[PDB]
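Here the structure comes first, spelled out in structure tokens, and everything after it is commentary.
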Amino acid sequence: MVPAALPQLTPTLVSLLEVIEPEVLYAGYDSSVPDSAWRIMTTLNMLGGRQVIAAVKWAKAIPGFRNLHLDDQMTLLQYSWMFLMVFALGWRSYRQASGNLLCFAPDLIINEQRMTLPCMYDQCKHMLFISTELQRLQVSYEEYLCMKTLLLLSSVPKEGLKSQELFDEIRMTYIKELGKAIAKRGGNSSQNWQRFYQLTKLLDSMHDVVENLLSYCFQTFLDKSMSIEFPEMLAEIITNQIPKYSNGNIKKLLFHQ
Amino acid sequence: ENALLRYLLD
Ligand SMILES: C[C@@H]1C[C@H]2[C@@H]3CCC4=CC(=O)C=C[C@]4(C)[C@@]3(F)[C@@H](O)C[C@]2(C)[C@@]1(O)C(=O)CO
């Protein structure tokens, strides 16, 4: 038996990331519904809006984020939300299912049969991919936390942000934090170099994954005849994101050529 | 155009 206590923070970025990471949300899933791709998609979007609200609260607590121009803050969240949602879905699916099942929430796990329904097959393959890479690379929780912050900071307007210099500084702090997370494992210098290379390749690969997923998100959002619903938060973000995406304004910040 | 997200951020 031990007394109740809050965990001990330390003066490191990863320690703060651990305390501000939002708790995993339950979907409040009514599993009595029949299996259908359209119903599943709506359910996922309603969960997604709740996760995005939690992610906005998380971003506000990231050191320096709130010091960027308010427009930069909105833009970064509009450009990165899908990255944040898919990477966290990847983490849950890796930790709970070794990347074999889509773990949206503890009460919403999409199995192989459901993932292979006619109109689920393609999108689920894309959604599950990053989980298989987290599994392959055996990513640690500290590595994951640092990488997830880098994803908030991986896409910017082509013309630059209003607070560009500060943004570059913040981004470099998390690149360095990722290196520290890798190094803490106790590998030698060569292994550290190799692992940093592999994890930054993984970060870069997120852009093509997200392109695959935004194609579904935007088409199901726009074609109202499909009757796939989105909550207000998400609908607003998507409404604002599409014009930037389609005008080619979303610039990816790649580590590698 | 960004009411909800702006509200959360403030
Ligand atoms: C293939 C796309 C990509 C999907 C998103 C992938 C990321 C994600 C992780 C979650 O934990 C909850 C909801 C989201 C954020 C999501 F799963 C839903 O929003 C449904 C989504 C947009 C999609 O299934 C649709 O476009 C359905 O309309």
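We name chains A, B, ... by the order of the sequence lines, and we start the count at 1 in each one. Atoms within a ligand are numbered from 1 in the order they appear, just like the ligands themselves. Basis for what follows: all heavy atoms, side chains included, without hydrogens, waters or symmetry-related copies.
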Ligand 1 drug: dexamethasone
Chief macromolecule bound to dexamethasone (ligand 1) (UniProt): Glucocorticoid receptor
### Query
Other chains with a heavy atom closer than 4.0 Å to dexamethasone (ligand 1): which ones?
A
Hi! What's sitting within 4.0 Å of dexamethasone (ligand 1) if we only look at heavy atoms?
A/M41, A/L44, A/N45, A/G48, A/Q51, A/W81, A/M82, A/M85, A/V86, A/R92, A/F104, A/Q123, A/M127, A/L213, A/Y216, A/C217, A/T220, A/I228, A/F230
Would you mind listing which atoms of dexamethasone (ligand 1) come within a distance below 4.0 Å of any non-hydrogen atom of A/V86? 6 (C), 7 (C)
Next on the checklist: Give the atom numbers and elements of dexamethasone (ligand 1) that come within less than 4.0 Å of a heavy atom of A/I228.
Outcome noted: 28 (O)
- Task: List the closest protein heavy-atom neighbour of atom 28 (O) of dexamethasone (ligand 1): residue, atom name, distance to the nearest 0.1 Å.
- Result: A/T220 OG1, 2.8 Å
Review point. Which protein non-hydrogen atom lies closest to atom 8 (C) of dexamethasone (ligand 1), naming both residue and atom, and how far is it?
Key: A/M85 CB, 3.8 Å
Check your understanding: What atoms of dexamethasone (ligand 1) come within less than 4.0 Å of a heavy atom belonging to A/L44?
Key -> 12 (C), 13 (C), 17 (F), 18 (C), 19 (O), 20 (C)
Sub-3.5 Å N/O-N/O distance, A/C217 and dexamethasone (ligand 1):
yes
- Query: Which UniProt domain dominates the contacts that chain A makes with dexamethasone (ligand 1)?
  - Reply: NR LBD
Which of the atoms of dexamethasone (ligand 1) are close to A/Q123, meaning less than 4.0 Å from one of its heavy atoms?
1 (C), 23 (C), 24 (O)
